[PDB]
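Overview of a structure with cetuximab.
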Amino acid sequence: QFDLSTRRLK
Amino acid sequence: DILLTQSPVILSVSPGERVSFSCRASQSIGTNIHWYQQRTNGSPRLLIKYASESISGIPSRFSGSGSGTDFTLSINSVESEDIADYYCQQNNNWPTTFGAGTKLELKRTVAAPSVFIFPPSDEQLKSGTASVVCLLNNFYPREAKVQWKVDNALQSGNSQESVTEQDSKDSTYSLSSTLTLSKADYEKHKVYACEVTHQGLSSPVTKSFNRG
Amino acid sequence: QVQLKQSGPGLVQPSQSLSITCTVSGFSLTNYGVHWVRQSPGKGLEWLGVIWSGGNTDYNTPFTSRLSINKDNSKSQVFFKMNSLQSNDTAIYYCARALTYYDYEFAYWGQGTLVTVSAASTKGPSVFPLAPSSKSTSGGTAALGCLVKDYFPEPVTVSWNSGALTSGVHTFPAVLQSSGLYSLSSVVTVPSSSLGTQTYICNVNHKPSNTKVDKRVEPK
Ligand SMILES: *[C@@H]1O[C@H](CO)[C@@H](O)[C@H](O)[C@H]1NC(C)=O
């Protein structure tokens, strides 16, 4: 899932 | 729509190693596939177009192959700066669609955190809230344990953690543990201790202070 | 050099409309189409639509009814507008340009705009110092930072010494507090011998609330 804070998959 | 399946979800490799990303399509799409890189806080960067065609400005270590339904993005010798997510895209069929991505992590040698503790500022105390910050700097691997204690009382449920993504230069993580107390509670106690546990430490590291 | 610069991040009330401006340079909107893509937690990358050189628009099927794209060639601006937003329209929205005028291989991207869809109110952060000390100094290296607390929505930018200080900087991912407000620390390690001669300032910018704070952080 994409994280809007870091723009990375978590 | 064309469904694009990327596998696996996470890749983990050591530097200098070769790595491949898989992107599979729900039906044939010829070689009409493009690849992108996304680093922490970045916008996508176009790496390969039309399955195998190179892009100006992109390192030669990036390549791609495949046709039909089965595609591969390769990096022949991984570098720390390659830590990112990788996405495929098809445009043989409208509308263009993207895969769900693969995460690339880098292995490195174990590095013990450096631990620092920060009492609340007198500034924050004026507002009636007290934040105590505990910092674990530049460690690998990511697994760490932070235990808070106030006057020997184990603290539970009143702290939040945040972990950075891997550093693009040294591959380490950093972690912050923040303990939050009412100013009232904070003033009713003396010893504030942050205790850190990590594979790279031969015993737990405790950083602490007395209020004032 | 080809560049795309988007308008800033912000809150949008549920059932209301989203507006983003994409201002381009290093090419002409008369020569290239401009595409819109978003990235959400639940659906990842979605292509939304495009405005072409000659003014024609295509919209991805689910958005045809609530999406409009316009431009002003002379101003080099492309205007994105989407109606009746719900919480799962929370995403980073990007504008983008392909390699060739007719294609979809996106070589150029805007920096993205984080749109939060929420009923809540915009709130600027308080910035508090994380002062260096003996409890924060080991082997001549000192750690120091800023606590960026109680803001909404994401994001905030944090730099140090107006961009002149970047090495040893860690700005942590924001965490949502029980209050529904975000919090974040940003740290940097520096030589302890420089605490006497160098000023350390975290430049905090929360665009959605237009709150810019420069916080000097001094040893206690
Ligand atoms: C959000 O909700 C709508 C229904 O209101 C659903 O059809 C859509 O697929 C969802 N979109 C995302 C980005 O999750």
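For reference, chains are lettered A, B, ... following the sequence lines as listed. Quick note: numbers on chain A are straight from the PDB entry, i.e. 2-11, in order. We're sticking with the PDB entry numbering for chain B, so the shown stretch reads 1-212, in order. Here chain C follows the PDB entry, giving residues 1-220 in order. We read in the header that X-ray crystallography, 2.5 Å was used to get this structure. Basis for what follows: all heavy atoms, side chains included, without hydrogens, waters or symmetry-related copies.
Counting repeats, the structure shows cetuximab at chains B and C. By contact count, the main macromolecule holding cetuximab here is known in the PDB entry as Cyclic meditope. Heavy atoms within 4.5 Å of cetuximab belong to A:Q2, A:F3, A:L5, A:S6, A:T7, A:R8, A:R9, A:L10, A:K11. The entry describes chain B with the name Cetuximab Fab light chain. The deposit gives chain C the name Cetuximab Fab heavy chain.
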